[PDB]
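These notes are about the structure you will find just below.
Here is how names work: the chains are called A, B, and so on, in the same order as the sequence lines, proteins then strands, and each is numbered from 1. We use all heavy atoms of the structure for the numbers below, so side chains are in, but hydrogens, waters and symmetry mates are not. Counting starts at 1 for both ligands and their atoms, following the listed order.
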Amino acid sequence: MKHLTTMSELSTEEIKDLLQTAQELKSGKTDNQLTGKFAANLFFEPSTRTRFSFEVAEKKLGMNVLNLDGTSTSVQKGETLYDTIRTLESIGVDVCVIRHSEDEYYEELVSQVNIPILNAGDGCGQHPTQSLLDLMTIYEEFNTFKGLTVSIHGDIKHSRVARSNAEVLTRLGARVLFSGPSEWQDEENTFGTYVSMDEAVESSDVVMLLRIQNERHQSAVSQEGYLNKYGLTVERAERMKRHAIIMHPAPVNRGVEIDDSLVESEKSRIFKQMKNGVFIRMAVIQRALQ
Amino acid sequence: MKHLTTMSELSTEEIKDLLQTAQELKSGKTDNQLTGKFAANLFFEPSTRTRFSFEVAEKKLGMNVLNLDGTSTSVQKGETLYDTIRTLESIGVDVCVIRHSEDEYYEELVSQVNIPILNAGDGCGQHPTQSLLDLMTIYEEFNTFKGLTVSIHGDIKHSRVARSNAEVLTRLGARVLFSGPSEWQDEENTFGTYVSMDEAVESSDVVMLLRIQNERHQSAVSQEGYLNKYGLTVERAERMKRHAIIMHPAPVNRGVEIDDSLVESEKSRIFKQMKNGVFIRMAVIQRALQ
Amino acid sequence: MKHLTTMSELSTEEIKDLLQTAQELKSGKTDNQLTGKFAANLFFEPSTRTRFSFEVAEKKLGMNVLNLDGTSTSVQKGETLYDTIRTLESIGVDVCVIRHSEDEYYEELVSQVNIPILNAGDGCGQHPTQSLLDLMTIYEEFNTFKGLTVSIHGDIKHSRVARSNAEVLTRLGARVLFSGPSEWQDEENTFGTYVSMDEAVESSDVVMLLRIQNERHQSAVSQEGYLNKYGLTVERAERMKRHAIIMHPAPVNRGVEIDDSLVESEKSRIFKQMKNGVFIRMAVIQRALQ
Ligand SMILES: O=C(O)C[C@H](NC(=O)CP(=O)(O)O)C(=O)O
Ligand SMILES: O=C(O)C[C@H](NC(=O)CP(=O)(O)O)C(=O)O
Ligand SMILES: O=C(O)C[C@H](NC(=O)CP(=O)(O)O)C(=O)O
C-alpha cells in the first residue's frame with residue numbers, strides 16, 4: 001500500500017521506477033495480478049483525461065470500477081471524505097482515486113485510512129500523476145532532465161500542475177522558468193525564475209502552457225488580448241528551438257493561452273501527454289497495491 | 001472506419017446489410033472481434049433507450065465502456081467537442097457515441113477525427129440508429145418497404161426522428177404521410193404528404209407517433225386537448241387497418257400523443273422497437289470498426 | 001421472480017434464509033448462475049452505501065451493470081417509472097434496483113412489470129435491504145433476536161429505516177424502544193415504546209442511531225445542541241451494557257446524532273453494517289432471479 005498524494009514526497013528513485021514501468025506497459029508488457037479487485041474513482045471536480053485515463057488504466061489491469069460523483073453520493077447527506085473512504089473499504093474497494101476542491105484534503109486521510117489513496121488533484125495544490133506523465137513525456141523526448149530548461153506559463157498560483165512540476169524538475173536538475181500576469185504569480189512557488197514569455201520561448205527546451213483557472217479565481221477579471229500578451233502566439237512558437245516541445249496538461253482554451261493552429265503543430269506533445277497518462281496511471285496503481 | 005451521422009448518406013445497400021446483421025445478432029450470432037476494445041458514450045442530452053441500448057450493445061460485444069455527460073467532464077473547463085474526441089482517441093477509445101444539442105455538430109468532426117463517430121442525435125437533425133431500428137421493426141412486420149404507407153404524426157418540425165425516417169422511407173419505396181399542428185410542420189422536410197390524423201389512420205400500414213419536443217421549442221405554447229385533437233385516441237386506433245402497427249421512438253407521453261391504453265395494445269410495436277435497438281446498435285458498431 | 005419492496009411482506013422464514021445465504025456468501029461461497037446477466041441501478045436520490053454495495057454485489061455475481069440517475073435519463077422527457085422499467089426489460093435487463101422519493105412508488109409496479117424490482121428506498125417508506133443488513137449484524141452479535149431490546153433514536157417520522165426495522169424486530173421477538181424529538185415521532189409506527197435516550201442507552205442491547213432527514217422536512221427548524229439533547233454523547237455511551245452495540249444506517253453526521261469519537265469505538269458496528277450490506281444484497285439478487 002502506497003499513497004500518491006504530493007509530488008514533493010516522492011523520491012527520485014520512485015519516479016525513475018514509475019517511468020520505467022510506464023514505458024514497459026506502453027511497450028506492450030501486460031499484467032493481470034489485479035484482476036477482480038475494485039478501484040473507486042471519486043471526482044468532485046470536472047475531469048476528462050485524469051478521470052477516464054484512470055478508468056482505462058484500471059480496466060486494462062483487469063479491475064472492477066466504481067465511479068462516484070459529488071452530487072449523487074451521500075456526501076449530499078453531509079458525509080465526510082474520510083467516511084466515504086472507510087465506507088468504500090467496507091464494501092470491498094482496494095484503492096481510491098480522488099479529485100477534490102480542497103487543497104491538501106489528503107493530509108487527514110493518509111494517516112487514518114487503510115487503503116491506498118491516489119490524488120487526482122487537490123484544489124490548487126498537487127497533481128502527481130500529471131507531473132509523472134509530464135516527466136515521462138519530457139524524458140521520452142530528451143532522454144534526460146539535467147541541463148533542460150523548462151518554462152511554465154500563465155496562471156501559476158492557481159495551478160496544482162505548476163506547483164507539482166516546478167519543484168520536481170528542479171530536483172531532477174532542470175532549470176525552471178515562469179511567466180505570465182504578475183498578479184497570478186506564486187510566492188509559495190520559488191522553484192523557478194520569473195521572466196517574460198518572449199524571453200523564455202527562446203531559451204526553453206520545453207514550453208509548458210497552462211489553462212487559466214477561471215473557476216478558481218476569487219474574482220473574475222478581464223482577459224481580453226491574453227493570447228498576444230501572455231499566450232503562445234504563432235510568432236512566438238516560431239522562435240522556439242528546433243528540438244523544443246510544446247506541452248499543456250489540458251484542456252486547452254484555443255485562442256487564449258495558445259494559438260488555435262499550434263495545438264497540433266510539429267513541436268506539440270499535448271496529445272502524446274494524454275497517451276502517456278494511461279500507462280503512468282497503470283504504473284501508479286500497481287505501486288499502490290504492490 | 002465508418003461514421004454514422006445522417007441517414008440520408010447511408011446507401012440502400014448498407015441499410016439492408018445492417019438490418020441483416022442485426023437479425024443475425026438478434027438470433028444469437030456472436031464473436032470476440034471487439035472484445036476488450038473501448039467505446040465511449042458522450043451524452044449531452046437526456047436519454048434512456050439510445051444511451052443504454054448502446055451500453056448493452058457494447059457490452060454484448062465484450063467492449064469496455066466509458067460514460068461521459070458534459071457536466072462532469074472537462075467540457076466544463078471549455079474543452080471543445082473535437083478536443084474531447086481526440087482526447088478519447090489518445091487514451092485508447094476505439095469508437096464514440098455522441099448525442100448533442102447542436103444540429104450537425106458532426107459535420108466539423110468527421111473530416112478531422114481518426115475514430116468512428118456514431119451520432120446518437122443532433123438537436124433536431126438526424127437520429128440514424130433510431131431510423132435503422134424503425135426500419136428493422138417495420139421490415140420484420142411486412143418483409144418489405146415497397147408499397148407501404150407510413151404516417152408520422154405530431155411535432156415534425158423539431159424531430160430528428162421524422163427527418164431521418166421520411167427521406168429514407170420514400171427512398172425505400174414507401175409512401176409517407178405527415179400530420180399534426182400546422183404550426184409544427186417542417187418546410188425543410190418535404191418528403192411526405194401533409195394530411196389529418198383522422199385520414200392517415202385508415203390509410204396507414206404504420207402509424208408512427210412523435211413526442212412533443214417541449215424542451216426544443218423557442219417558446220412554450222398550450223397543448224390542452226392535444227390527445228383528442230392530434231393524438232392517437234382509442235377511437236382512432238380502432239379504425240386502423242387490421243394488419244397495421246403503432247410505433248413511437250419513446251419516451252411516450254401517455255395522454256398526450258397517445259391514449260394510455262394503447263401503448264401496450266395488440267397493434268403496438270413500441271417496445272419491440274426498443275428491443276431491436278440493441279442489435280441495430282451492435283451491428284452499427286461492428287460496421288464502424290470493421 | 002421475487003420482488004423486494006417492504007419488510008412487512010417478507011416472512012420470517014424468507015428472512016432467516018436470506019441471512020443464512022448472506023453468511024455463506026460472506027464466507028466466500030459463490031456460483032455462476034448469474035454470470036453475464038444485466039442489473040440496472042436506478043437511483044433518483046443520493047446514496048453511497050446502498051447504490052455501490054449493490055453495484056459491488058452485482059459485479060461479484062458476475063453481472064453486467066447499468067447505472068441510471070434521474071437527471072440524465074428520459075425521465076427528463078416525462079417518462080414514467082413504469083415505462084422506464086419496461087424499457088430496461090426490452091434492452092435485456094434482468095433485475096432493477098430503485099431508490100425513489102415517492103413513498104410506495106412500487107405498488108403500481110409489482111403487479112405490472114415482468115422483472116424483479118428491488119426497493120433501495122422509497123421516500124419515508126421502506127428500506128428492506130438496510131433492515132436485512134441490520135438483522136444480520138444484530139444476529140452475528142447475539143445469535144438471536146428473542147429477548148433483545150433494540151432502541152431506535154431521533155427522526156423516526158421521516159425514516160424508512162425505522163419503519164422497516166420496528167415491526168420486523170418485534171415480529172422476531174425483540175422489544176423496540178423509540179427516542180428523540182417528540183415532533184419527529186411517528187404515529188404510523190407503533191411497534192415501539194417512546195422513551196428518553198438516557199433511559200434506553202442503559203436497557204438496550206442495540207442502540208441504533210438515525211441521521212436527521214433534513215432534505216425530507218416540510219420545514220427546517222433549529223437543531224442546536226441536538227447532540228447533547230437527543231444524540232449519543234460520550235457520557236451516554238459509557239452507560240451502555242457491556243455487550244451492547246452501536247448501529248447507524250449511515251451516513252453519520254458527526255457531532256449531531258453521535259459524538260465524533262464514537263463512530264469507530266469498541267461497541268460500534270456501523271462499518272460492519274456496510275460490509276454485510278454487499279452480501280445481503282447479493283443474497284437478495286439471487287432470490288429475485290431464482
Ligand atoms: O485543468 C487544468 O487546467 C490543469 C489540469 N488538467 C487535467 O488534469 C486534465 P482533466 O481536467 O481533463 O482531467 C488539472 O489541474 O485538472
Ligand atoms: O426524444 C424523442 O422523443 C425522440 C427520440 N428519442 C429516443 O431516441 C429515445 P431516448 O431519449 O430514451 O434515448 C430522440 O430524438 O432522442
Ligand atoms: O439516509 C439515511 O440517514 C438512512 C438510509 N441511509 C442509507 O441507505 C445509506 P446511503 O444513502 O449512503 O445509500 C437511507 O434511508 O438512505
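- Most-contacted chain for ligand 3 in this structure, per UniProt: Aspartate carbamoyltransferase catalytic subunit.
- Of FYX-051, ICRF-187, ARM210, N-phosphonacetyl-L-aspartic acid, the match for ligand 3 is N-phosphonacetyl-L-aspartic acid.
- Other chains having non-hydrogen atoms less than 4.0 Å from N-phosphonacetyl-L-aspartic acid (ligand 3): A, C.
- Within the structure, N-phosphonacetyl-L-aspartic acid (ligand 3) has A250(C) among the residues with a heavy atom less than 4.0 angstrom away.
- For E45(C), the closest heavy-atom approach to N-phosphonacetyl-L-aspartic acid (ligand 3) does not fall below 4.0 Å.
- Among the ligands and ions shown, no others lie under 4.0 Å from N-phosphonacetyl-L-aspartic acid (ligand 3).
- N-phosphonacetyl-L-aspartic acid (ligand 3) lies less than 4.0 angstrom from a heavy atom belonging to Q213(C).
- Below 3.5 Å of separation, one finds no N or O of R51(C) facing any N or O of N-phosphonacetyl-L-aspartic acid (ligand 3).
- Where the criterion is an N or O separation shorter than 3.5 Å, residue side chain and backbone included, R216(C) fails it with respect to N-phosphonacetyl-L-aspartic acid (ligand 3).
- Proximity to N-phosphonacetyl-L-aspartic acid (ligand 3) (heavy atom under 4.0 Å) is shown by these UniProt L-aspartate-binding residues of chain C: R160(C), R211(C).
- In chain C, UniProt carbamoyl phosphate-binding residues less than 4.0 Å from N-phosphonacetyl-L-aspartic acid (ligand 3) by heavy-atom distance: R49(C), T50(C), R99(C), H127(C), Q130(C), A250(C).
- In the vicinity of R160(C), heavy-atom distances shorter than 4.0 Å reach the N-phosphonacetyl-L-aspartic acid (ligand 3) atoms 14 (C), 15 (O), 16 (O).
- Under a 4.0 Å non-hydrogen cut-off, the residues that form the binding site of N-phosphonacetyl-L-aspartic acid (ligand 3) are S74(A), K77(A), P46(C), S47(C), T48(C), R49(C), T50(C), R99(C), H127(C), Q130(C), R160(C), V161(C), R211(C), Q213(C), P249(C), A250(C).
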Under 3.5 Å, N/O to N/O: give me all the pairs between N-phosphonacetyl-L-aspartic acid (ligand 3) and the protein, one per line with atom names and distance.
unit_1	atom_1	unit_2	atom_2	d
N-phosphonacetyl-L-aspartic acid (ligand 3)	1 (O)	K77(A)	NZ	2.8
N-phosphonacetyl-L-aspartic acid (ligand 3)	1 (O)	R211(C)	NE	3.3
N-phosphonacetyl-L-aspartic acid (ligand 3)	1 (O)	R211(C)	NH2	2.8
N-phosphonacetyl-L-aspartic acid (ligand 3)	3 (O)	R211(C)	NE	2.7
N-phosphonacetyl-L-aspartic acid (ligand 3)	3 (O)	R211(C)	NH2	3.4
N-phosphonacetyl-L-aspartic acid (ligand 3)	3 (O)	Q213(C)	NE2	3.2
N-phosphonacetyl-L-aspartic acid (ligand 3)	6 (N)	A250(C)	O	2.8
N-phosphonacetyl-L-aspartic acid (ligand 3)	8 (O)	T50(C)	OG1	3.1
N-phosphonacetyl-L-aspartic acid (ligand 3)	8 (O)	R99(C)	NH2	2.8
N-phosphonacetyl-L-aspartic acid (ligand 3)	8 (O)	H127(C)	NE2	2.9
N-phosphonacetyl-L-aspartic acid (ligand 3)	11 (O)	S74(A)	OG	3.0
N-phosphonacetyl-L-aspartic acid (ligand 3)	11 (O)	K77(A)	NZ	2.8
N-phosphonacetyl-L-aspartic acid (ligand 3)	11 (O)	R99(C)	NH1	2.8
N-phosphonacetyl-L-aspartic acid (ligand 3)	12 (O)	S74(A)	OG	2.6
N-phosphonacetyl-L-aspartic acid (ligand 3)	12 (O)	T48(C)	N	2.8
N-phosphonacetyl-L-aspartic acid (ligand 3)	12 (O)	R49(C)	N	2.9
N-phosphonacetyl-L-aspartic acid (ligand 3)	12 (O)	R49(C)	NE	3.1
N-phosphonacetyl-L-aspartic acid (ligand 3)	12 (O)	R49(C)	NH2	2.8
N-phosphonacetyl-L-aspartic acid (ligand 3)	13 (O)	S47(C)	OG	2.7
N-phosphonacetyl-L-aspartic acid (ligand 3)	13 (O)	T48(C)	N	3.4
N-phosphonacetyl-L-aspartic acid (ligand 3)	13 (O)	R49(C)	N	3.4
N-phosphonacetyl-L-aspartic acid (ligand 3)	13 (O)	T50(C)	N	2.9
N-phosphonacetyl-L-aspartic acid (ligand 3)	13 (O)	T50(C)	OG1	2.9
N-phosphonacetyl-L-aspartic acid (ligand 3)	13 (O)	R99(C)	NH1	3.3
N-phosphonacetyl-L-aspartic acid (ligand 3)	15 (O)	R160(C)	NE	2.7
N-phosphonacetyl-L-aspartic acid (ligand 3)	15 (O)	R160(C)	NH2	3.2
N-phosphonacetyl-L-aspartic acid (ligand 3)	16 (O)	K77(A)	NZ	2.7
N-phosphonacetyl-L-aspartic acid (ligand 3)	16 (O)	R99(C)	NH1	3.2
N-phosphonacetyl-L-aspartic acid (ligand 3)	16 (O)	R99(C)	NH2	3.2
N-phosphonacetyl-L-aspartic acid (ligand 3)	16 (O)	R160(C)	NH2	2.8

